[PDB]
K.L.:
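Dropping a structure here in C-alpha cells format, bear with me for questions.
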Amino acid sequence: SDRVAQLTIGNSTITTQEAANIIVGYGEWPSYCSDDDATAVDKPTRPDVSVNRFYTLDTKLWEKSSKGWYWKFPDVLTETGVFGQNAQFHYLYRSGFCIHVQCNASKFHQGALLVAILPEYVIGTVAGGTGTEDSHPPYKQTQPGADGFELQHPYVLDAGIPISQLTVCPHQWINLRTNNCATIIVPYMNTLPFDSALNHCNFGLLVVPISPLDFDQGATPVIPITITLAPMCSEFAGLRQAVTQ
Amino acid sequence: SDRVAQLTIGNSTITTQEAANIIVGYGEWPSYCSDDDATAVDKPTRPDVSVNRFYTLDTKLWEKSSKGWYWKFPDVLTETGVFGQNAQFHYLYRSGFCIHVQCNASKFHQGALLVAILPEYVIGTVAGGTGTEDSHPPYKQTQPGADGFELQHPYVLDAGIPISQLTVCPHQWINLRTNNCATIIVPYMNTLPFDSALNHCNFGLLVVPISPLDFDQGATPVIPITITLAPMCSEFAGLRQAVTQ
Amino acid sequence: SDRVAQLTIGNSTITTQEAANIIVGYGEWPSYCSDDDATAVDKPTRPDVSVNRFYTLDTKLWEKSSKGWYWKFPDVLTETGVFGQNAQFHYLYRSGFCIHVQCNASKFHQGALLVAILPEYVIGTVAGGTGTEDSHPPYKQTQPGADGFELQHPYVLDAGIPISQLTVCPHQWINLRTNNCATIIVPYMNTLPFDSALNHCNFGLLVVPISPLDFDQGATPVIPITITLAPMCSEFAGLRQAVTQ
Amino acid sequence: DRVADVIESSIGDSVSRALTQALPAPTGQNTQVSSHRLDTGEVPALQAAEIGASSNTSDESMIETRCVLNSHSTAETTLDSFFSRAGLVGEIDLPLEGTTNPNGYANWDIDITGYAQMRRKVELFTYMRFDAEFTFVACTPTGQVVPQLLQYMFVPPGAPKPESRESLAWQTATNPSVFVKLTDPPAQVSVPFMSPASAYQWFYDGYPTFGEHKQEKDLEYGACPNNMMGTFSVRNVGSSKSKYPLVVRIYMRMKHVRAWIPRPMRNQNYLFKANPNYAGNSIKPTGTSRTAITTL
Amino acid sequence: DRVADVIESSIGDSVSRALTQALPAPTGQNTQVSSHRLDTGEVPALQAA
Ligand SMILES: Cc1cc(CCCCCCCOc2ccc(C3=NCCO3)cc2)on1
C-alpha cells in the first residue's frame, strides 16, 4: 500500500504499480487565494474540472548520452485545452500542479533520473564562451512550452548553479530498479497572489539522468519519458480578448 | 494472503503460491440433497473421504498452436477410484466439485488460458461442412472421460456459441505473468435431485488458450496443463450391480 | 516484516533484505555468568561495546566443486580487535555470539549452503587411510582462526559423523532462490562458567554446500561467502600479561 | 435546492493543507542511550532516496550510543543572524579628471547584485523580504578624510533624476536627502521594505512587457520591476569643481528578514548583474578534485 | 549523578532469555477431528526450511 497509486482529477486517472510515494512541494497543498491575500477586485473564474485535470504533454527518449531536459511551467500548458484558453483570455492566473513524470523499463535495464521542481528557474547563457559577451537566452529557450528544452550544461543547470544541490527543491528520483514514475504536487508559488501565465513562469521542471541509462544489447532500446501534469485550484481574473504572448 | 492457497479434501492437499482467488460457481457451495427436494426413498450412501478427494486426472501439452480442450464432468471420474465405483454400482448420483486446473511457466513465458464451467455442455457437429447433413457427435466425443477432448472450432465451442461470451459461466483465467492455476468450486446443477453419472454430464470444463503461448527459443518448451478435481458431497442411491454405461 | 532485518551491536550495523528469520541456539539468549554459577573470585571486565560488535572476518569463494569450510570459534576472533586483546591478556573468557553468514547471487543462480553451529567440534584424521596409523590433526587444522579451514570429507565432517544429521544443531540454510544470509545467535556453552579462549573452542561454525552452486555461463562466476560475527556479553577475568597461545 | 456537487465543491478553500509544523529548536537535539538491537522487520538504516526525502535514520539506530545533553545554541543560524551583517553592495566614483563621473555628481542604480560576497548569500533564496540599514563610507581614493560636503538623495523611480551638480532636483523637496561632511562619521540610515511585491525576487523567470520578445529584447528576460527601487544620487554640494577626488562605498545590513524557497548556492563566477550568465569555456567543478576515488 | 548509559546498561544479566518451555508429555499427542479446508491465505503444507 505505497508502491501502487491512483491519481484522479477532472476526467483523468493515472495509474502506477511501482511508485515511490508522493512529494508535496514545501509541504503545502495547492489552495485558492485568500480574501485578504488578493488585490484584484473582480470576481474570478474557477473552471474546476475543465482545467484541473491531467494533460499528457510530451514524450522524450532517454538515451545512454542524454543530458537532461526541463520545462518551464505556467507556460507549458498554454495553447493546450480549456486551461490554455482561460490563460490567454485572462490577464491573471493562479494555480498549483500535480506533476507525474513516467518512465519504465525492465528489471534488466538500469538508470536514475532526477525529477525536481525549481521555482523561478531563470536560464543563463555561456556568455559567448569567453564570458566577455553579454548574451541572453531566447524566447525559444526561456519559454519552450511543451516539447520542453534540452540542457547543454546540466552540471550547472545552464544557470551557473550546481545540480548536485538541486535536491533542496521538491524532487523525487526515478531509479529503474526501484520505480517507474515521479509524482510531485506543487502549490502556487510567487510573491503575488496572481500573475500572468504568459510572461511569468513560476517554476521549472527538471528531469535529469544522473546515473546513465544502460542495458545489454537485445533489450528494447527505446526508453521514453512522458510528462503528465494537472493544474489544481486554477483561478483566473482580468478578462479581455485572447492574447498569445 | 490471497496468491497462496491450500486445498484439502480426503487425503489430498493441493498447494499453490501464485493463485488468483477462488471462484464459487453461481455463488453457492455444494450441499447435500434436501429432504423435500428428493424423491428417491431409499437411504443413500455418502462415502465421504473415500470419494470426496482430489483426483489428478490428466496432463495436456500447451503449444503455440493449441486450440483448447474440454472435459465433460460427471463422467470424467468414472472408472477412477472409489468414486467411479459408487457411480457404476448406483443408478443415482449427486455431487459438487472443486476443480483445480494447474499450469506454470517462467516469468519469461507468456500466454492466457480461459478456464470455465459450462453446464449442460451439449456438443454439435459441423453438419458435413455444407450443413445439409444431420451428423451427430460420437460417444467418444460427447463423453471422452479423462484424457478429455480437443476442440476443433473453439470460436464457437464446437456448438455454435461464441466463446467470447463463455465468461457468463463460472470461469477464471490462467495468465502466466500473473498466476499458475484456476480453482472453481461447482455445486450440483441439474433439474433433478439425482441423476445418472453415466448418461448425463451436468457440465463441461473448458480450458482454452485465448492469448497464445509464446517464448523466445531456449526456454523449456514443454508447458503442460494438469487437471485435478475433487467431488464434494457425493451422494449415491439406487444400488444394483456395477454398470459401465 | 521478516525477510528484511538489521543487526546492531557496538558501532556496527548489518543490513539484509532477503533474510530467513533468526535462529537462537538451543533457544537461549547469551547471558552473563550467575553469581552462583561462578567460582573465579576476581571481579571481571565487561568491555561491552569495544568487544561486543561485528567483526567481518573473512571471505571464501563458493565454486561448483567446493567441499565446505568451518571455523572454530572462541579462537577465530583472537588477534583481532579489542576482543582479541582481552582474550590474550586474560586467562578466563566467556561470551555468546551473533553469527551472520552472508552470500548473495542473482535470481538466475542456484545453490544451497548449510550453516550450522556444532558445539565442541573435535576434528579427526583419516588415520593414514588404512586406519592403522593413529594420526592427529595439527594446531593448524584444529584452530585455524580466521581464514577458517576447508573440509576434506564433509560427508563425515572430518570427524566420522554424518553431516546428514548436522541439523540437530542450531543451523540455518542459505538457499539462493530464497535468501542471502544466515543469522544464528549462540549462547555460551561449556561445562564451566569461564574457560580459556586460547586452548578451548566452545564450538565450530560449519558452512557446507549441500546443493551445489550452478549457473549458465555469462553470469558473474564469483560468488563469495563472507563471515561476520559479534561476541555478546563478553566477560574476562584472570588478568596477567598477554599470551598468544 | 442546490446541485450537491456545488455544496461539497471544495473550490474556494483559501487556507493551505500544511502537513508540517514549526517546533522550538533553541538547542541541538540531544542523544539518548541506545542499546544493541538484533531483530527482523525493523530496518532504520534502509532507505529509498527515490521518494525524495532525507534519511530519517537516527544515530541511536546505527550504533550503541551514550546519552548527551546538547545545549549548543542554534541562534546564530537564524536568517537575521546570517544576514544582518553590513556588506559592500555599491561603490561610486567622483573623480576630478576622468570619463566616469566628472561634473561632480553620480547616479547609482540601486542594485545589490554588483558584488559577489553579498550577492551569493542572498541568491541562496528565491524570495526575500526585509528592511535595511544603509551606511555610506566616503573619502578620497587614498583613503584620506577631507573637509568636503556631500548630498545623498534617494530618487524613487519616476522622480526627476539629477542631470548636473546644480540640477533643480537637488531641492529634494519630497525626496529624502542626506547632507554629510566626509569628516563626519559615515552616514547611516534606515530603509523599509519598499516594493509592490511581498518580497524582493532574486530570480524572475519571465519577462516584464508582454510584447513580441525578439532578439534585441532578450535583454529584458529576468528583469523584474518589483526589484528596481530607483536610483541613489550623490553630488558635492556647490557650483564649482569639487577640489578633491571622492569615492563612496555603500554598505547594506538587512534586518527583519523573511526568506523563501532555498536554491543551490552559486557555482560559477559571476559575470553580470541580474543575469545568471556563466563562462561557457571556463566551467569549473563545484570544488576540488583528486586523482582517484581510492586515494586521498 | 550517574551517566544513564550505565543505568540502563543491561550488562550483568545472569539469567537467560529462554524462549521455550518444557511442558508435560506423558503420552503421545492425540489427533483431533479434521475436516476439508478449501481456502486462500492459509498454507500449512508450505514451509521454508
Ligand atoms: C537617505 C537615503 C537612503 C538611500 C538608499 C535607499 C536604498 C533602499 C534600497 C532597497 C533595496 O532593495 C533591493 C532589492 C532587490 C535588489 C536587486 N538587484 C538585482 C535584482 O534584485 C536590489 C535592492 O539613499 N539615500
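Reminder, nothing fancy here: chain letters follow the sequence lines and each chain counts from 1. Both ligands and their constituent atoms are indexed starting at 1 by order of listing. Only part shown; contacts counted inside that part. All values below come from the heavy atoms of this structure, side chains included, with hydrogens, waters and symmetry mates left out.
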K.L.:
Which macromolecule in this structure makes the most heavy-atom contacts with ligand 1, going by the name the PDB entry uses?
P.N.:
VP1
K.L.:
What is at ligand 1, out of WIN 51711, MAK683, HBY 097?
P.N.:
WIN 51711
K.L.:
I'm curious which other chains are hanging around WIN 51711 with a heavy atom under 4.0 Å away - can you tell me?
P.N.:
D
K.L.:
What is the source organism the PDB records for chain D?
P.N.:
Human enterovirus 71
K.L.:
If you draw a 4.0 Å sphere around every atom of WIN 51711, which residues of other chains have a heavy atom inside it?
P.N.:
D/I110, D/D111, D/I112, D/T113, D/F134, D/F154, D/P176, D/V178, D/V189, D/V191, D/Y200, D/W202, D/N227, D/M229, D/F232
